[PDB]
Student: 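Here is a structure with triclosan.
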There are 4 protein chains.
Amino acid sequence: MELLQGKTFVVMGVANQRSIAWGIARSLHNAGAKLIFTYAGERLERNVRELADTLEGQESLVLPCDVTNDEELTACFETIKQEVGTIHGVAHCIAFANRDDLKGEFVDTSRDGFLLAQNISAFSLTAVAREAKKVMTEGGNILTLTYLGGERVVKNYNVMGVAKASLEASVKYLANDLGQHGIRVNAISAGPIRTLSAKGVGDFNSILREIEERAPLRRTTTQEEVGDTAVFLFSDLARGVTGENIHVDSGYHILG
Amino acid sequence: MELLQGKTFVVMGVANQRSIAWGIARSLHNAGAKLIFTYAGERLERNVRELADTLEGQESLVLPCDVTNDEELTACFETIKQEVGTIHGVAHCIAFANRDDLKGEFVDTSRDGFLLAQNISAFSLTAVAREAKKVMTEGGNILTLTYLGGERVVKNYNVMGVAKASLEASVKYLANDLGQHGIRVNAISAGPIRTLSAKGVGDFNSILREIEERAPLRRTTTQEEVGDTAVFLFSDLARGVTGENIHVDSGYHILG
Amino acid sequence: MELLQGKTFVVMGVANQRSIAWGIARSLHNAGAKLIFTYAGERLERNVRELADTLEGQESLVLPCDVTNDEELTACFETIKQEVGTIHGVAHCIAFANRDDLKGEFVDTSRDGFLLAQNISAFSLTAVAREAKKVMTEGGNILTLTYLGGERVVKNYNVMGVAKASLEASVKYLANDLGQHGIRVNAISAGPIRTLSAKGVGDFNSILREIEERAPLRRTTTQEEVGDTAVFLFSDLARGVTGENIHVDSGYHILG
Amino acid sequence: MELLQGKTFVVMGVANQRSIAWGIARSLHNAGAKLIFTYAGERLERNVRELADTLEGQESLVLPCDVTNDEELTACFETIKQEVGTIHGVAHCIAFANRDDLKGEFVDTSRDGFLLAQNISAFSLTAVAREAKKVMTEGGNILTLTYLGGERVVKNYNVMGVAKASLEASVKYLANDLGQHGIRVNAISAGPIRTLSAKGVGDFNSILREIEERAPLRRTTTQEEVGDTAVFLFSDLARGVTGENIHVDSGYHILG
Ligand SMILES: NC(=O)c1ccc[n+]([C@@H]2O[C@H](COP(=O)([O-])OP(=O)(O)OC[C@H]3O[C@@H](n4cnc5c(N)ncnc54)[C@H](O)[C@@H]3O)[C@@H](O)[C@H]2O)c1
Ligand SMILES: NC(=O)c1ccc[n+]([C@@H]2O[C@H](COP(=O)([O-])OP(=O)(O)OC[C@H]3O[C@@H](n4cnc5c(N)ncnc54)[C@H](O)[C@@H]3O)[C@@H](O)[C@H]2O)c1
Ligand SMILES: NC(=O)c1ccc[n+]([C@@H]2O[C@H](COP(=O)([O-])OP(=O)(O)OC[C@H]3O[C@@H](n4cnc5c(N)ncnc54)[C@H](O)[C@@H]3O)[C@@H](O)[C@H]2O)c1
Ligand SMILES: NC(=O)c1ccc[n+]([C@@H]2O[C@H](COP(=O)([O-])OP(=O)(O)OC[C@H]3O[C@@H](n4cnc5c(N)ncnc54)[C@H](O)[C@@H]3O)[C@@H](O)[C@H]2O)c1
Ligand SMILES: Oc1cc(Cl)ccc1Oc1ccc(Cl)cc1Cl
Ligand SMILES: Oc1cc(Cl)ccc1Oc1ccc(Cl)cc1Cl
Ligand SMILES: Oc1cc(Cl)ccc1Oc1ccc(Cl)cc1Cl
Ligand SMILES: Oc1cc(Cl)ccc1Oc1ccc(Cl)cc1Cl
């Protein structure tokens, strides 16, 4: 409501209306924050601008940011500095892997396919954290989105699971680095949600019914449940929480 | 100020101003919640009553509830059902072990001691949950406090460590049971905090100092940081969070 | 092979020819070990003495030992000390919980059933390790059997899951106490196996069918696979392994 | 003495007498296995050939295999195929990261340093498995060596910790892919041992003294304890174990 009043956050990864990052943006805005959006490339610019503009308030800054490109990533955060000077956090909702690796056997993943997944889905957290460390002059929280596949084997998640494991270990090492700089680093492990990228995981419809049937809360997750947990982590209420991975998956993670 | 407005919660475990339960009480109260307190035996009625009255708004119910007593436990929740219509959660901050067993080697723990710690520090959660369920129509969240010692070996924690491990598994199984009924069950794993029961844990000062020197946030936690994470878990913001264990310990849990 | 020549181990838990403890006995025997068997009640002395005799040229010591009875427990190892003097390990394969509690919801577990399960399935490892220590003057290993349900929520496991969590934490703390005396403590988390006690777990056939179809090895575990892993753990090949939990479940534990 | 008789294993990562892979080689040899060795580059050809010759009996195949190079990888395994035909396993003991990244803040790791560690220390396992799979027509085990730094934050391990988390997740996805082909994939999480590349880790003597004082067994690990646990994983005694990470660290991993 006013939980994030006066704070400005950088949300990375909105692609369209179903993006979990969009769910995060709406929750942060409703909690009173100001936002900055970064999108992967020119193709997405229109979607993010129009989405950003549905939010009441000042025209939000929308900037291209291919996290695979160091010069653009660095220039993006320099622009952010010149524009607002200080931000209070970054929501990192980025991941990618060649579609053909998310099927069949993980053992057939090509080297380039594996490094690509690692580069975009795990390293980008660290590269982003490094630039955000510069503008988060008042400390704050850095968030990332992970998935159960990084902790245990999920069918067809393959190289993405290995990349998330690496992302989750990154959260821990970054939390270890940044805490003394007043910066908390956390992850949200969301349960399956229908998004543009969900199309790369096989038989999604049946995965969702499995969640509805077996998850403790008997229902699938929503972008809003994730965004609201994100509000907590970016807010002062989470002051003592860092290097933590919170599962917003209707409790599915406890099932053996 | 309004996050918990219109909600009523039971805070079990207040012994004095330093109790973690009290920090939770204050946080819930500052978030607009109505509180009902439960104390162990008569010796603690005066203390709790006093602290409760120090809050404002309508006076708070203060009921005796010794978790080793099934009758007094069922009576307490009977009173609550009659006095208040519904509650939206319970904050379980109860634990006990004989100081004798918290010294030296765990292999020397008596069957009596081991069963006593299990009964009070772990089973109580379930006992409380079965009663809470009766007055928790509309749903809500059940919270309990645990410690790292239930996940790994912490010097001197011994039998309490094994108790917390049960508590922690109990959280998972209860979450699995109660989710269909709209009830979430989560735990907060707090870092060392200076409390009455902190005397059983030998050489606390060295403990607080190692945390300040090695924890990512370079500070020990407080009853308020825990209180604030509880506000989150009892709120609708934590809608899809259940069967989780959130470490409010300055990030110490990630260290190896 | 001949890994255990001249070593003597106590196998507690044989009840059946299908008992996992018996699978361990046979493997220990084939690796050249001398065994001492203990059985719950007179009701089982017949089967154990009978099975124990089927081993080639052997002393075949078989003593009674109800782990809930401190007198018997103490007399059993006193007898062992008098007749053998020094043993090199103990296989703790004991567990129990009222069948009622293995049904329906965990929240309805009664206080006595919960403590019954903890006393028999978890504390006994400690009570046994305490006596065993007196007779393991050359170091050695203490093994116990746990199951996945102690780490994550497995349906129809309820109170056993929580007793197993205490058991697994007990392993860690005992390992921590005993390592300095040259004594290692480890667990084997076995996958579902048709034993007498497995009849207490609902719809076992489908449980086995699921392991067969989804476990990495596409087959269910056998008492022999567990036995052979016990051989490694009691042998010197595992002298650097303590406080560990080895899943002998065709890799099922890794599945998310 | 003949646990691995008739079996042939490929050991990757011998650099010198103090390498953990050399400890594994002696252990596998003592148990009767035949060995094929691979070295990183010309520089090590000598050292490895000399150590191999020491394993009297049969002139062991010693081949170059830079895991960074696709052709060498293919060349090495096609040679084993044409030369030996069938192997029963591979011991993967390879890791690398720039020294500068193993100090200071992990957040400062460069994209290249990060992808380099991932490539050599994590992907290499998969590339090796893809090739080994072609010559393990009879099944068998693939082993890798990880470290606590991949599960939890270990000071200065930084990027290697993230690489190891990635390696550990890979062990699981590979176990899940190769199990149906009769191939098990496992890891040994070795405790700190004085090796050639251990010089890259912070004050090693104080690290070792810490383990000697805190570790359950009150002693540091050796290449032999690792080698003996490797013997088990490659033997038929471990046929039911896959996707597992056995800690051969004197029990240190259990400490909180
Ligand atoms: N949808 C789910 O069920 C689910 C569950 C758990 C975790 N996640 C994670 O949440 C995040 C967001 O995923 P989503 O499900 O909303 O899908 P999405 O397709 O909406 O978002 C993925 C985002 O990554 C961006 N991206 C890819 N390469 C990029 C690059 N090189 N530079 C900058 N951005 C790049 C895409 O533009 C997109 O905005 C991902 O990390 C994903 O793994 C999703
Ligand atoms: N203080 C810390 O450092 C710390 C850290 C992590 C977790 N915890 C946990 O938080 C909870 C609260 O502990 P605390 O540190 O505030 O100590 P505390 O001594 O203030 O509170 C413990 C409470 O348990 C109550 N209790 C004991 N036996 C009871 C019984 N039979 N019936 C009902 N209530 C009973 C006591 O009255 C007391 O109010 C405990 O579970 C504890 O293990 C504490
Ligand atoms: N069968 C499986 O699928 C499976 C899987 C994982 C773990 N386990 C564990 O392995 C152990 C052996 O179980 P099992 O499956 O061979 O079944 P089982 O029924 O053959 O053996 C259980 C043993 O516990 C003994 N026991 C019960 N109460 C006792 C008491 N008061 N004092 C002494 N002994 C007592 C019984 O006599 C019996 O010998 C148990 O801890 C069990 O939880 C079994
Ligand atoms: N020494 C320890 O305390 C310890 C603890 C836990 C895990 N480990 C792991 O054990 C493995 C062996 O390490 P070690 O301690 O024996 O050190 P080491 O220096 O003897 O071995 C490291 C090996 O990696 C090889 N290597 C590097 N780049 C390579 C490449 N491109 N292609 C092929 N091989 C390459 C090196 O030649 C060397 O043989 C590593 O994975 C290491 O992380 C070591
Ligand atoms: O991580 C995810 C988990 C689930 Cl269940 C669904 C979608 C996910 O997100 C992705 C999956 C594959 C690729 Cl290539 C990119 C992204 Cl963002
Ligand atoms: O769990 C705790 C953890 C820490 Cl570090 C300090 C105090 C704790 O709380 C207790 C410790 C011992 C007993 Cl007998 C009862 C309680 Cl409530
Ligand atoms: O732990 C077990 C796990 C599985 Cl899958 C099957 C049997 C098991 O063993 C038991 C189950 C229930 C009770 Cl009451 C006692 C025992 Cl020994
Ligand atoms: O993983 C390790 C863990 C420890 Cl305690 C000691 C040495 C280790 O091994 C390495 C460390 C750094 C680099 Cl660059 C390469 C290797 Cl093989």
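The order of the sequence lines fixes the chain letters, beginning with A. Since chain A takes its numbers from the PDB entry, the residues it shows come out as 1-256. Numbering of chain B is taken from the PDB entry, so the residues present carry the numbers 1-256, in order. So for chain C, numbering is the PDB entry's, and the shown residues are 1-256, in order. Note that chain D is numbered according to the PDB entry, with residues 1-256 shown in order. Structure method, as recorded: X-ray crystallography, 2.4 Å. One-based numbering, in listed order, for ligands and for the atoms of each. Side chains are part of it too, since the values below use all heavy atoms of this structure and drop only hydrogens, waters and symmetry mates.
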Student: Can you help me spot every copy of triclosan here?
Tutor: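 Including duplicates, the model places it at ligands 5, 6, 7 and 8.
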Student: Supply the name from the PDB entry of whichever chain has more contacts with triclosan (ligand 7) than any other.
Tutor: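 The chain with more contacts than any other is Enoyl-(Acyl-carrier-protein) reductase.
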Student: Would you pull out the other chains with a heavy atom less than 4.0 Å from triclosan (ligand 7)?
Tutor: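 The other chains with a heavy atom that near are C.
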Student: Could you help me figure out which residues touch triclosan (ligand 7) at a heavy-atom cut-off of 4.0 Å?
Tutor: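 Counting heavy atoms, the site comprises C/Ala95, C/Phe96, C/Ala97, C/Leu102, C/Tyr147, C/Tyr157, C/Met160, C/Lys164, C/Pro192, C/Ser197, C/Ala198, C/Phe204.
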Student: For atom 10 (C) of triclosan (ligand 7), what is the nearest protein heavy atom, given as residue, atom name and distance?
Tutor: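 Here the closest protein heavy atom is C/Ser197 CB, 3.6 Å.
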Student: Identify, for atom 5 (Cl) of triclosan (ligand 7), the protein heavy atom at the shortest distance, and state residue, atom and that distance.
Tutor: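 Answer, as residue, atom name and distance: C/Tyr147 CZ, 3.3 Å.
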Student: For atom 12 (C) of triclosan (ligand 7), what's the nearest protein heavy-atom neighbour? Residue, atom name and distance, please.
Tutor: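 Result for atom 12 (C) of triclosan (ligand 7): C/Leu102 CD1, 3.7 Å.
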Student: Would C/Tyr157 count as being in polar contact with triclosan (ligand 7), using the rule that some N or O on each side must be under 3.5 angstrom apart?
Tutor: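 Such a contact does occur with triclosan (ligand 7).
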Student: Look up atom 7 (C) of triclosan (ligand 7) and tell me if a protein heavy atom lies less than 4.0 Å from it?
Tutor: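 It does; a protein heavy atom is within 4.0 Å.
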Student: Suppose we measure from atom 15 (C) of triclosan (ligand 7) to each protein heavy atom; which comes out shortest, and what is that distance?
Tutor: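 Residue, atom and distance for the closest contact: C/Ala95 O, 3.6 Å.
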Student: Give the atoms of triclosan (ligand 7), by number and element, whose distance to some non-hydrogen atom of C/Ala97 is under 4.0 Å.
Tutor: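 Under 4.0 Å from C/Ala97, triclosan (ligand 7) has these atoms: 14 (Cl).
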Student: For triclosan (ligand 7), what N or O to protein N or O distances fall under 3.5 Å?
Tutor:
| unit_1 | atom_1 | unit_2 | atom_2 | d |
| --- | --- | --- | --- | --- |
| triclosan (ligand 7) | 1 (O) | C/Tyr157 | OH | 2.4 |

